[PDB]
Structures are given as structure tokens and as C-alpha cells.
**Q** 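For reference, this is Tubulin beta chain solved together with Taxol.
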Amino acid sequence: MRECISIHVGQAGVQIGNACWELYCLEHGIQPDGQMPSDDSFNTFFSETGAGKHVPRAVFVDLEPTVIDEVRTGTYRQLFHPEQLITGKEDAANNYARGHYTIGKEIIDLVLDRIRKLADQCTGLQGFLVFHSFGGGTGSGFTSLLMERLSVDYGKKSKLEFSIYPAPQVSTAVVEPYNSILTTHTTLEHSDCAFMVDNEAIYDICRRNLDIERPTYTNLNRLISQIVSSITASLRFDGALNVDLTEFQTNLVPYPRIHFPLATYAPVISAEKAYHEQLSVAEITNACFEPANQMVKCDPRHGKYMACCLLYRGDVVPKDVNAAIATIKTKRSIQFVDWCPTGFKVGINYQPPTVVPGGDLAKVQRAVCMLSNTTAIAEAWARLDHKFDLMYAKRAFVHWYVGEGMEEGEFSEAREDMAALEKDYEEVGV
Amino acid sequence: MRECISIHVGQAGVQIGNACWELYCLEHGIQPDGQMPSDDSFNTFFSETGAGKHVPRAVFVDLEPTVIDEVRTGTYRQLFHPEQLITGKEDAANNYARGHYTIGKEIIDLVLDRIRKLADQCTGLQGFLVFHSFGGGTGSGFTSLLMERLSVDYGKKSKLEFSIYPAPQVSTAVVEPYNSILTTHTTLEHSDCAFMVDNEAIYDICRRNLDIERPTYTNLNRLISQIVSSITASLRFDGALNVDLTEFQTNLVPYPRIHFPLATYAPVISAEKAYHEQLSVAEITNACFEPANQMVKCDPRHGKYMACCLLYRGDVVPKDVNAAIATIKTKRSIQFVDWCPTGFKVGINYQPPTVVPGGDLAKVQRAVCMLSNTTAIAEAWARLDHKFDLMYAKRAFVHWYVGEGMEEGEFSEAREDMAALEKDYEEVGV
Amino acid sequence: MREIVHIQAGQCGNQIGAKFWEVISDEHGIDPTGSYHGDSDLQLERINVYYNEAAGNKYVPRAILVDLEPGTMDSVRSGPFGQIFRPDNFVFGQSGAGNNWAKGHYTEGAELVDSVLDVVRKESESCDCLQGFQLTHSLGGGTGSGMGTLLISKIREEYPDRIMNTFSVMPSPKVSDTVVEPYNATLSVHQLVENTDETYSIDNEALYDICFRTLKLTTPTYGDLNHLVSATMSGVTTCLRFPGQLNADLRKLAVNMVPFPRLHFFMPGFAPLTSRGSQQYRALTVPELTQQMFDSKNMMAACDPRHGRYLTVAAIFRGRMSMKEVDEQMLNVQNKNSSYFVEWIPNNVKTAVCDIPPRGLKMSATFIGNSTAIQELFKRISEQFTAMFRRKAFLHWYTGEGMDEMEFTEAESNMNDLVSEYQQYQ
Amino acid sequence: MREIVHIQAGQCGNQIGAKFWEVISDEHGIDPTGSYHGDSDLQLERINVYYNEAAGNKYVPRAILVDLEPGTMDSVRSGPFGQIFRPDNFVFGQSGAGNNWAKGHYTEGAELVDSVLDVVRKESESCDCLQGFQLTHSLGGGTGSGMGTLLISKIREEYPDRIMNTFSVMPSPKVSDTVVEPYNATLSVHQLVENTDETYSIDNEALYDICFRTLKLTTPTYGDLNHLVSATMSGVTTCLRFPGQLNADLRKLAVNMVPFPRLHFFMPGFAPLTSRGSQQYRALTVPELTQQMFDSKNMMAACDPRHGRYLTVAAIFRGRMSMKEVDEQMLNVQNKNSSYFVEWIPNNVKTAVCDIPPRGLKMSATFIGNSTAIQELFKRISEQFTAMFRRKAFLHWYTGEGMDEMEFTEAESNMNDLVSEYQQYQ
Ligand SMILES: CC(=O)O[C@H]1C(=O)[C@@]2(C)[C@H]([C@H](OC(=O)c3ccccc3)[C@]3(O)C[C@H](OC(=O)[C@H](O)[C@@H](NC(=O)c4ccccc4)c4ccccc4)C(C)=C1C3(C)C)[C@]1(OC(C)=O)CO[C@@H]1C[C@@H]2O
Ligand SMILES: CC(=O)O[C@H]1C(=O)[C@@]2(C)[C@H]([C@H](OC(=O)c3ccccc3)[C@]3(O)C[C@H](OC(=O)[C@H](O)[C@@H](NC(=O)c4ccccc4)c4ccccc4)C(C)=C1C3(C)C)[C@]1(OC(C)=O)CO[C@@H]1C[C@@H]2O
Ligand SMILES: Nc1nc2c(ncn2[C@@H]2O[C@H](COP(=O)(O)OP(=O)(O)OP(=O)(O)O)[C@@H](O)[C@H]2O)c(=O)[nH]1
Ligand SMILES: Nc1nc2c(ncn2[C@@H]2O[C@H](COP(=O)(O)OP(=O)(O)OP(=O)(O)O)[C@@H](O)[C@H]2O)c(=O)[nH]1
Ligand SMILES: Nc1nc2c(ncn2[C@@H]2O[C@H](COP(=O)(O)OP(=O)(O)O)[C@@H](O)[C@H]2O)c(=O)[nH]1
Ligand SMILES: Nc1nc2c(ncn2[C@@H]2O[C@H](COP(=O)(O)OP(=O)(O)O)[C@@H](O)[C@H]2O)c(=O)[nH]1
Ligand SMILES: [Mg+2]
Ligand SMILES: [Mg+2]
């Protein structure tokens, strides 16, 4: 009961997955061979076979072999079922249309057959946890092919989606704006709560809080997994105020399309800093309202908040939480909408945050993940549609998308649908 | 494969041949009896029989016995096949018409039968190397009878031709201008690249560079063979830039009739001088653009260059060659045509120049043969047609040519066709 | 799994190719006998990208070797790695190309291409999933320029959706060994602009400038130039042979690199490069790897990128390095040099990062630049062609092979059309 | 192989001939018996040019000996080399020519020529390839002048394409032994100008001038004059008997030497020549060999070449020598003496170079000059003829043999026509 099917797509989604499953195995005490030495706390994330082997409720999908062949060879080769690590032959080439129309069109009915064989083991499936890059060809095009199928096949089930989204300055591709804009139909129509994350924001959090001068991606993926462990903690553990995955959405989402919250986590801190400050509930609650800790490069003070889910975990008590959010309501720099006088959903879970033993991040008695619907996020969209406009005015790479079976008009129809989302997040702030 | 049939005509061609075959035997390590003590490097010039005897791909033709009976008696009597040393009974008397119409008319079908029996042993025949005097009766008249037959019998095959041509002052005959002018149809219509050489120019090169005050012909023929060994070296040996015998012509010849290049070789030097200078690639490259080293008495500065083939051999490296020809392009005294901005074909072969052990010429690590299409050579023609005009205005020896079956009008028709060649080499310089 | 078929044409293409097979055999840990002798499983994991597996665990490279003369086959077969190649994949004539493009395309190689193409089929049918064709040649002379572009045309017609990826050594005015290179090159660029998906434009003048002003080699040979070319050939395929933090297939390069279909002529480069007497004083770190990689001195075509703007650059890094540090430096470069990148593309740099640096390096970068300055290479070739063609000089050698003055006029027309399209975006 | 048939007529022709056979037998190393006794293979390589090979390795000279008296046959047959000749080749009458050209041509030799000509056939049919006829005679007296020119006419009609080459001792005013030499010579020059291909004009006045002012002989005999003639006879055929750097057949001489058909009257010479008391102080080198060879004192006709211009000169050198040095000296001569050569021929000197110098010399040159000054020999003969003929003196001796005054008028007419053709080009 309370199962989640976790679907990891492209290189970004698979490598965040290889950090998520590194965490969940430590947090439930499962060995990297899937065995458990010595309560059903693992049941959300792992199916148990009669040998005493816990097999993860996850699908890994990539259109090329390289990243999943590394999962099939590294320390987790014995964790996963061998046919739910799914590879094609041909890379999607950072082209949405290869992911959606031409290459991913061959693998999709093998992917959905594995998701069906997972869902048929779930006794009370709670939702999908979908992990991807907005800038990738597999990330945008295959996730958008998959979600369209899952939204007719599992129409009632909540689809939570964790997206690495293009930055203000940092970028890895020229066509990252095209793939991201083409994805905006997926998140609007075939998703229920979409967590945008930014590489440049997490790099700055790493520089300021973790004292690490030059991080890899493995440093980011240990922060993106710490957030999903904190979202799902109420599904897995005992708490004072456990939050259901639909209870979460009923407080986060004010209007059907207004489901793009920010997320942040506290305390992100180096183990050397964590001795010299006390890290009380009020300190870590106030840390979530700093621009310095937002994992998208936009300023929350240029918006209004609509709703917050303060998802506390570890040694946290409801007194201290009420006393903390009363100070957040006292501060005039943190502005809410006139129509949400309640503001805060609170969850409080008794399980401390798990340290990954190779990690940059301290042992702490308390953490909070704050997931936060705010008008400010529209600036991250108003950044990227201005990158799209400069290139599409020249038609600057469009022949590679048209050459792989896409209609040219889908670029106009995607920039149009993004302007209607960027309108809605401005329209509710009044 | 890569065979050449070498045809030596009259006294000059046979005696240059007796220096060429002296050289090729040393260079490939073949004894004067045709045996080889201890790679197919010899294959261009020698057929190999099952006894381990290497027999040269050559025909020697003379209308009188004296010079070839000396080849049949000297140290090379055992080298050649006895029926490819071909003699008539009767001298051509320095009369073109005896060579072409009256005496050589009897030997021609025996000469072509030997050339056929050589060509039928060639697996991939590259061309003909034809050696002769322009001033001789056999040299002009028999070569022009032979070439007319070879140009219908072997029409595709390249016919390279090495001509001893009459000098400004030095001469051995009164009728040398008549025989040379009558030959100009042969070189224009039935030849593909014609290397004019001059006895008076090589005598001056011998006086200045070799320190030999009074040379014989054996001193000249060891320089004329050193040039053909350098032309053919890329056919016989490994190199950094090997030049094919048609690759050579595609760079030398800008227009079908414009195939009369100069040639020069460096370092021509005495063994006593060669210790006191270093003879670098740049020194020997610059030596080829001195009027002092041209083997026809004409001044290259009174012309424009069209194309050069710098055929380097021995210890030469492509760096040093590029650095050398950049200085030749820097010098304004060396003038090229406006329509050849590339100027230089380069060949670089790994085999050092072979010293003939009785020779006047030094051991050197490096040589270059520069073969060079230039407008200047038209002065060597404008010298000799002025010698023809003085005699033909009086009809000064014409009764000996008319008496042996020639049409009188062929003298007018040959002086006419020479004026059309001397027009073409002036016409392209603009 | 993403097999490449490699093809070598003429002397230059077989020489940069026969050095390339020594470089990637060192990477994959393959002995000159074809046996594996490497350290690591990662060397073996993608050995199929370039080699067929054979009996006794011998690995045979998927090279086709093409020439119109036997002498370069004889020089390769006898060479440092010559025994590694399949005897059937040496396809050759007897009489050469004469440095004539029309001998390559219409006569001597038109006879031979039926014997080449049916070997390219045996290799491509042995592939599990072919990604593309990797052709090494020169644009001067006749074999690489005229037979290699005949062969590109035949393979393009037969495999229209696979990547056609060519490494193309091409003429320059101050380092030329041949009279008719402007003709041969102009007739060849007319085939590359239509058929290839990528063409990597390489120059002996720029390869000598790296040897003299960076490596400080006193006497650089063609063997030293072939080593600079083959380092970048090994560089661009790295992400389909080794694991990485950002993987980029040759197609993931093309989609990012080629804004408009015909603008696919790239200027490659490599880092680190040092003299052997100064490797002791450098720090190999990504900022220093970057400052060399974007230096006008480091790039392997004579076009100074300060005479144009980049459309796209791709920096394919190799080694253990930070993604923040790589993303920082590729930002700092195009903001501090913003006058040298086109402002209608909002990020001009693609990045890729492989976990496995070249044997004996801690880090490497292979650079690919698409720049409007590449017009200066096609402009100078066209200006040399024009002087020879305005007086029909040397054209009996081409028209004697059945070619027309109309084909020369149409090739130089298409050359100026390619120049005009790069100049348009400058 | 290029056989010569040699013919001797009258006392002078048999005396210069019988000395010539002693000279060429010394060269070819043949004993007075007819047996070979020489040093060298080169002596035996071309023995066929002048001899028939016969049983016991005896070599019989291809000479026909003709006279109208027995007494010169008796003097030759008994002489130093007399036993070498074939007994059948001595063809002779009994009653002499009386110093009468008409006895030679119409009576005494007209009887005998049927017995001569049928021996010239046996020798010419025994040849492998005949190149020509080499006839020795005198133009004074009756046998050589009148029978020898009858025989030239008969051999010319029978062998029209072979070289007819004559050595012709001929009259002069200050050294004459006979009253009617002007008549005999004028009747004989009329046959030489039409029939011969070359005629070498020799004079006893010039042969005595060489003996007195060069050789410093106190009492020169006809045996000493015959030795000077026969050195130049051996000289001009050298290149068909021995190897050389430049070979010249008698036909290769004629084609270069004879500009207009009838201008074939040559003035021979020889070098070195010294007194036996001064050979110790000379250097024989080519420049000194040249400065003597072109000296007006060295030539064997009384005509000073400073009274005309050369049409052609041929210098047939023998010995080991430089071609630069020979070509230098034959240039320097005709540029420093340019007023003595015709300026409508741009090079007046033919050269030839044999590798084998005469026995006991290190070098030799035989000189042949075709000069407009030869008119002075035909002019003086015609001026002597004219004085005798204007009064019909001695003509009953010729008209008694059936001759006409019309034949005298026609001969002196043709003499002045030959003089006028040499004077025309002066
Ligand atoms: C101790 C040390 O640092 O040694 C270096 C070295 O001194 C330098 C100078 C090397 C050296 O490079 C050269 O000598 C060279 C000469 C002419 C042209 C090109 C290179 C080196 O030979 C080259 C060699 O590189 C390799 O071995 C790579 O794996 C390379 N493959 C080959 O060079 C190779 C050679 C022979 C046979 C097979 C392969 C490679 C490059 C790209 C992609 C894959 C592989 C290296 C690191 C070094 C030495 C040995 C001195 C350099 O080359 C590379 C590619 O790193 C030249 O500048 C760099 C910087 C290095 O510091
Ligand atoms: C030591 C030395 O130098 O002896 C010479 C000599 O002293 C000189 C004076 C010789 C001598 O000549 C005479 O005495 C002579 C007398 C009258 C007429 C002509 C010659 C010599 O007898 C002549 C003789 O020549 C030959 O033997 C040639 O081969 C010659 N044949 C004959 O003379 C001969 C004599 C007898 C029987 C057979 C042949 C020859 C010439 C041309 C072509 C072929 C062969 C030579 C060199 C010399 C002596 C011996 C002193 C000279 O003759 C020649 C042709 O070289 C006369 O001036 C030259 C210069 C020589 O120096
Ligand atoms: N944090 C993090 N970001 C990543 C990681 N891998 C990739 N990214 C980001 O993903 C974006 C590019 O997406 P790709 O990695 O090319 O996505 P993909 O689905 O594999 O794309 P295709 O190769 O075309 O199929 C860039 O903006 C990267 O910064 C990772 O492991 N962690
Ligand atoms: N370098 C050189 N030049 C030579 C040689 N032999 C002859 N010559 C030149 O050849 C030219 C004359 O040509 P001939 O030797 O008479 O040619 P040929 O073909 O034998 O003439 P014929 O006897 O008429 O058949 C002259 O200008 C000579 O200088 C030789 O061995 N070497
Ligand atoms: N880098 C490199 N360049 C070469 C090599 N050999 C020749 N070249 C140069 O590039 C050009 C190549 O032409 P080539 O390959 O010889 O013509 P082809 O054989 O007819 O195709 C030559 O003119 C040389 O300047 C080599 O080994 N390496
Ligand atoms: N050189 C030379 N001249 C001779 C000889 N005998 C005679 N002469 C001269 O030349 C002339 C030749 O005439 P000759 O031969 O006697 O007349 P033929 O016998 O009737 O032909 C004579 O008058 C002599 O002056 C000789 O042995 N040698
Ligand atoms: Mg991907
Ligand atoms: Mg000859």
C-alpha cells in the first residue's frame, strides 16, 4: 500500500535516480544487492520477493545505452530488475522530435509494459515520480511521449515531476530553449505538480553553504534526492503531522494550471559549519525564505506567495513550528496573496534526514523541505522564452526538428501556450 | 609495374644511354653482366629473367654500326639483349632526309618489333624515355620516323624526350639548323614533354662548378643521366612526396603545345668544393634559379616562369622545402605569370644521388632536379631560326635533302611551324 | 551499438588514417597484432565502435583503405600498425590519379568505386546499429579530392539518414606542393557542401603553426602533423566510446553545431598542447585548458576567428572535472569575447564531459568551432582558382578526362555561394 | 660495312697510292706479306674497309692498279709493299699515253677500260655494303688525266649513288715537268666537275713549300711528297675505320662540305708537321694543332686562302682530347678570322674526333677546306691553256687521236664556268 512508481528519463533523470536509489537504500537499510539485514516502511519504494530481496519500484529509460550500461555495471547492478533498466540503440541528439516522434516511438510500448508490471504489484498506488531534463532530447521528447500515455492509462493517479530546467547564464546546449518550450504542453496538460530545479542555483548553494568551490553533478543529485526523500517521508514513516501525496497537492495547488512550485531545503550546510550554529526550527524555517536558498534563479521578493508546504523532518515539535511561521507572517518582505489568509500547510515527520556517507552535507537533527507556490517563478519562464524568441526569429535550428517528423507550427503553438502559462501566474497575483 | 621503355637514337642518344645505364646499374646494384648480388625497385628499368639476370628495358638504334659495335664490345656487352642493340649499314650523313625517308625506312619495322617485345613484358607501362640529338641525321630524321609510329601504336602512353639541341656559338655541323627545324613537328605533335639540353651550357657549368677546365662528352652525359635518374626516382623509390610521370606533366604543362621545360640540377659541385660549403635545401633550391646553372644558353630573367617541378632527393624534409620556396617567391628577379599563383610542384624522394665512381661530381646528401616551364626558352628558338634563315635564303645545302626524297616545301612548312611555337611561348606570357 | 565505418582516401587520407588507428588502438589497449592488452574494462566496453571482434579475441578495425596507386597501401601494410587491417579492405588501382580530380571522379576511381562500395556494405551489414561514416582525405591532388567525393556521393545515396562526417586536409597559399590544388579543391568543396553532415576543415599551414609556435618542434614532419589531426579525430567520437557526465554523440554535436543546413564546415583544435621542455611549468586545470582552446594560435585552419564570429563552438572535455568549473569557463569566454560570437544565438557553446582522459593526460579538450571566418579559406581557394581558370590554364588535363568548362564554372559558382552564406551571418 | 674500292691511275696515282697502302697497312698492323701483326683489336675491327680477308688470315687490299705502261706496275710490284696487291688487279697496256689526254680517253685506255671495269665489279660485288670509290691520279700527263676520268665516267654511270672521292695532283706554273699540262688538265677538270662527289686538289708547288718551309727537308723527293698526300688520304676515312666522340663518314663530310653541287673542290692539309730537329720544343695540344692547321703555309694547293673565303672547313681530329677545347678552337678561328669565311653560312666549320691517333702521334688533325681561293688554280691553268690554244700549238697530237677543237673550246668553257661559280660567292 502507498506505492510510488519512479520513472527516470534521459541522462539527468537516470543520474538523479542513481542518487535517489543510493539514498533510499541507506534510509531503509537495504544493501546495494537489494538484501536487508536485521515494519513495511520500505514498501512505498521497494517490492519484496520471497528470498528477502527488496527490488525498487523504478523504471530507468534512455534512448542510448551509455548511462544505463553504467547502472548495469556499478554497485547497483544487483538492485534493479534487469528488464526495467531500458535502453534504445540511438541517441536523441538534444532534438525533441527524435525523443517524441522518431526514436522514442520504438521503445514506448516496452516502457509502458514495465510500468504496467509495476502497477499490478501496487496494492494502493499513490502516484508517479518522474525525473528528467527539460533541455534534453530524451528528457523533453520521451517524457512528453510517456506522460501522454500515462495520462490516458492512469488518469486518476497523481503525476509528480522533477525537472532540471535551463539557467539564466549556465547552459550545456544551443537548443536547450527549443526543447524546454516544446515541453510546456507536457507539464500543463499531463502533470499534477511540477518541481522545476536549476543547475546554476544549486551550484551557488554549493559555493555558499557547503563550502565546495567547484562541484560535479554528483553534488547536485544528492540535494535533488534529499528533496524527494522529504516529499515522500510522510508516505514512508511515522510523524506528528503526516502529509498524504494528494493532501500535499490540495494545499499547494490553488488553480488547475498553477502547479509549478519552487522547492528549497534547509539546513544545506557543511559538516565544519554545523558545529558553530545551533540550527533550531526557527533558523531553518527562516533559511527557506532567503533568495540565497531557492533552487531556481528567481527572486521570491519579486512575487507573492500563494501557498507553502513546510515539510519538517527529524526532531521537530508543533509548538516550535507555529512560533516559527508567526515570525514569517510578521516580516513584510515575505508577501502573500490577499486570497490565501492561511498560507502554510505544515507536515512534521519523526525520521531525521539520512546522510549519504560520501556526501558534502552535515548530519543534522532537523530538516525542512519547503515546497512553495509563488508568482516569482514566472521570471524563470520570461528568461527562457526570450532565448527562444531570438533563435526562432531566424528559424535558427528548426530544420533538425522538421527533418525528424515535427510540424513547424508546433514551435508557434508551444511559445503561445507558454505565454498563456506566464499570463496565468501574473493574473492570480492581483 | 611502373615500367619505362628507354629508346636511345643516333650517337648522342646512345652515348647518353651508355651513361644512363652506367648510372642505373650502380643505383640498383646490378653488375655490368646484368647479375645482382645480396624489393622490385629495379623493375621500372630492368626485366628480370629466372637465372637472376636483370636485362634493361632499352632499345639502342643507330643507322651506322660504329657506336653500337662499341656498346657490343665494352663492359656492358653482357647487359643488353643482343637484338635490342640495332644497327644499319649506312650512316645518315647529318641529313634529316636519309634518317626519315631513305635509310631509316629500312630499319624502322625491326625497331618497332623490339619495342613491341618490350611493351608486352610491361605489366603497367608508364611511358617512353627517348634520347637523341636535334642536329644529327639519325637524331632528327630517325627519331621523327619512330615517334610518328609510336604515336599511332601507343597513343595514350606519355613520351618524354631528352634532346641535345644546337648552341649559340658551339656547333659540330654546318646543317645542324636544318635538322633541328625539321624536327620541330616531332616535338610539337608526337611528344608530351621535351627536355632541351645544350652542350655549351653544360660546358660552362663544368668550368664553373666542377673545376674541370676542358671536358669531354663523358662529363656531360653523367649530368644528363643524373637528371633522368632524378625524373624517374619517384617511379623507383620510396619518398615523402613521390611524383607520378603523369602527375609531373599535369603540373608542368599549362597548354597542350607548351611542354618544352628547362631543366637544371643542384648541387653540381666538385668534391674539393663540397667540404667548404654546407649545401642546405635552401642553398640548392636557390642554385636552380641562377642563369649560371641552366642547361640551355638562355636567361630565365628575360622570361616569366609558368610552373616548376622541384624534384628533391636524399635527406630533404617538407619543412625546409616550404621555407625555401617562400624565399623564391620573395625575390622579384624570379617572375611568374599572373595566372599561376601556386607556381611550384614539389616532389621529395628518400634515395640520395648515386656517384658514378669515375665521375667529376661530389657525394652529397641532397640533390634537386628542377624542371621548369618558362617563356625564356623561346630565345633558344629565336637564335636557331635566324641561323636557318641565312642558309635557306641562299638554299645553301637543300640539294642533299631534295636528293634523298624530301619535298622542298617541308623547309618552309617547318620554319612556319617553329614560328607558331615561338608565337605561343610569347603569347602566354602576358 | 553506434558503429562507425571509417574510410581512407589517397596519400594524405591514408596517412592521417594510419596514425589515427595507432592513437585509438593505444586508447582501447589493442596490440599491433590486433590482440587486446589494455588495463581497463572501459577500453573493451565500446571496442565495437571501431573494431570488428574476430576469432582468438583479435580486433580488426572497420577501416576501408582506398587509393589509385599500390605504393600507399604498401607503406601502410608495412607500417607500425599495418598488419591490423583486413587484407580484403585494401582496395586499390595501379595507375594513379595524376593529381587530377577528373581521374579520381570519372575514370580511374569510377572503375574502382564498384570494388570499394561493396566492401563498405560488408562492414555496414556487420554493424549492429551504424551511426555513421568517418572519411579521411585531402582536397588538393586527385585521389582524396575526386575519388573521396565520388565515394561520399555513393554512400550518401545508399545511407541517407546515417551521419556523414569527413576530415578534410585542404589547400593554403604559403604551404602548397601542387600547381592545380585550386582546381581540385574547388571541384571537391562543391560535393562536400551538399552531401556531408559535418566537414572538419584542416590546413598544413595551421598544423605547421602549432608545431612551430606552440610545440616548438625544430623539424616537424608529416608524421607530427598527422598526430595533431588524429588527436581531434579521436576527440569528437569520445562520448560514444567512454562514459561521461555529459554524453554527446556525433548527431548531438550536429544538431547543436549546424544552425542552417550548409554551415557545417568546422575548425578543430586540441588542448593541452605544450613543448616537451615546458610541460613541467603548466597547470593542466580547466581555465588554462580553456584559454589555450579558444586561442587563434591553437586552431587547425589558417582562418583567424578574430576575422569573424562563431555560430557554435563545441568543447568536448575529457577527465575528472567540475561541471561548475566547465560551465563557468564556457560562460566567461563568450561574455568576455562577446564581439566574436553571433548575438542571435543566446548561448553559442555546447559542452560535453567524458570521465576518461587520453592515456598520459589528466585532462583534455577537443575544440570544434563553426565560424564565419572559415569563408577566408574558401575565398582564397576561389581567388587562386579564378586566376588559372580566366586563362583556361591546365584544363586540357581535366577536359581530356571528359569534363566540361561548365563544371568548373558551376563548382566556382557553388564555392562563392558557400562564402556568401558564411559572410551573410557575419 | 662501308667498304671503299681504291683505284690508282698513271705514274703519280700509283705512286701516291703505293705509299698510301704502306701508311694504312702500318695503321691496321698488316705486314708486307699481307699477314696481320698489329697490337690492337681496333686495327682488325674495320680491316674490311680497305681489305678483303683471305685464307691463312692474309688481307688483300681492295685496290685496282691501272696504267698504260708496264714499268710503273713493275716498280710497284717490286716495291716496299708490292707483293700485298692481287696479281689480277694489276691491269695494264704496253704502249704508254705519250702525255696525251686523248690517248688515255679515246684510244689506248678506251681499249683497256673494258679490262679495268670488270675488275672493279669483282671487288664491288665482294663488298658487304660499298660506301664509295677512292681514285688517285694526276691531271697533268695522259694516263691519270684522260684514262682516270674515263674510268670515273664509267664507274659513275654504273654506281650513281655511291661516293666518288678523288685525290688529284694537278699542275702549277713554277713546278711543271711537261709542255701540254694545261691542255691535259683542262680536258680533265671538265669531267671532275660533273661526276665526282669530292675532289681533293693537290699541288707539287704546295707539297714542296711544306717540305722546305715547315719540315725543313734539304732534298725532298717525290717519296716525301707522296707521304704528305697519303697522310690526308688516311685522315678523311678515319671515322669509318676507328671509333670516336664524333663520327663522320665520307658522306657526312660531303653533306656539310658541298653547299652547291659543283663546289666540291677541296684543299687538304695535315697537323702536326715539324722538322725532326724541332719536334722536341712543340706542345702538340689542340690550340697549336689548330694554329698550324689554318695556316696558309700548311695547305696542299698553292691557293692562299687569304685571297678568298671558306665556304666550309672540316677538321677531322684524331686522339684523346676535349670536346670543349675542340669546339672552342673551331669557334675562335672563324670569329677572329671572320673576313675569311662566307657570312651567309652561320657556322663554317665541321668537326670530327676519332679516339685513335696515328701510330707515333698523340694527336693529329686532317684539314679539308672548300674555299673560293681554289679559283686561282683553275684560273692559272685556263690562262696557260689559252696561250697555247689561241695558236693551236700541239693540237695535231690530240686531233690525230680523233679529238676536235670543239672539245677544247667546250672544256675551257666549262673551266671558266667553274671559276665563275667560286668567284660568285667570294
Ligand atoms: C609526461 C607528459 O605529460 O607527456 C606528454 C607531453 O609531454 C605532451 C607535450 C604531449 C606529447 O605530444 C607530442 O610529442 C606531440 C608531437 C607532435 C604532435 C602532437 C603531439 C606526447 O608525445 C603525447 C602523449 O599523449 C598520449 O599518449 C595521448 O594518449 C595521445 N596519443 C598519442 O600521443 C599516441 C602516441 C603514440 C602512439 C599512440 C598514441 C592521444 C591524444 C588525443 C586522443 C587520444 C590519445 C603525452 C600525454 C605526452 C607525450 C608522450 C610526451 C602533447 O600531446 C598530447 C596529445 O597531449 C603535445 O602537447 C601535449 C601536452 C603534453 O604535455
Ligand atoms: C718521335 C716523333 O715524334 O716522331 C715523328 C716526327 O718526328 C715527325 C717530324 C713526323 C715524321 O714525318 C716525316 O719524317 C715526314 C717526312 C716527309 C713527309 C711527311 C712526313 C715521321 O717520320 C712520321 C711518323 O708518323 C707516323 O709513323 C704516322 O703513323 C704516319 N705514318 C707514317 O709516317 C708511316 C711511315 C712509314 C711507313 C708507314 C707509315 C701517319 C700519318 C697520317 C695518318 C696515318 C699514319 C712520326 C709520328 C714521326 C716520324 C717517324 C719521325 C711528321 O709526320 C707525321 C705524319 O707526324 C712530319 O711532321 C710530323 C711531326 C712529327 O713530330
Ligand atoms: N544536476 C544534474 N543535472 C544534469 C545531469 N546530467 C545532465 N544534467 C543537465 O541536463 C541538461 C541537458 O540534458 P541532457 O543530459 O542532454 O538530457 P538527455 O535526456 O540525456 O538528452 P539527450 O541526450 O538528447 O537524450 C543540462 O542542462 C545539464 O546541466 C546530472 O547528473 N545532474
Ligand atoms: N653531350 C653529348 N653531346 C653529343 C654527344 N655526341 C654527339 N653530341 C652532339 O650531337 C650533335 C650532332 O649529332 P650527331 O652526333 O651527328 O647525331 P647523329 O644522330 O649520330 O647524326 P648522324 O651521324 O647523321 O646519324 C652535336 O651538336 C654534338 O655536340 C655525346 O656523347 N654527348
Ligand atoms: N598532413 C599530411 N599532409 C600530407 C601528407 N602527404 C601529403 N600531404 C599534403 O597534402 C596534400 C595531399 O595530396 P595527396 O593526398 O598527395 O593527393 P592524392 O594522393 O591524389 O589524394 C599534398 O600536396 C601535401 O601537401 C601526410 O602524410 N600528412
Ligand atoms: N707527287 C708526285 N708527283 C709525281 C710523281 N711522279 C710524277 N709526278 C708529277 O706529277 C706529274 C704526273 O704525271 P704522270 O703521272 O707522269 O702522267 P701519266 O703517267 O701519263 O698519268 C708529273 O709531271 C710530275 O711533275 C710522284 O711519284 N709523286
Ligand atoms: Mg540523452
Ligand atoms: Mg649518327
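Reminder, nothing fancy here: chain letters follow the sequence lines and each chain counts from 1. As the structure lists them, so they are numbered: ligands from 1, and atoms in each ligand from 1. Quick check of the header: electron microscopy, 2.9 Å.
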**Q** What are all the ligands or chains assigned to Taxol?
**A**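 Short answer: ligands 1 and 2.
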**Q** Quick one: what other chains come closer than 4.0 Å to Taxol (ligand 1), going by heavy atoms?
**A**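 By heavy atom, the other chains are C.
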**Q** Just wondering, where does the PDB say chain C originated?
**A**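 The entry lists the source of chain C as Bos taurus.
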**Q** Can you list, by chain and number, the residues with heavy atoms within 4.0 Å of Taxol (ligand 1)?
**A**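 With non-hydrogen atoms counted, the site is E22(C), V23(C), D26(C), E27(C), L215(C), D224(C), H227(C), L228(C), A231(C), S234(C), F270(C), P272(C), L273(C), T274(C), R276(C), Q279(C), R318(C), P358(C), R359(C), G360(C), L361(C).
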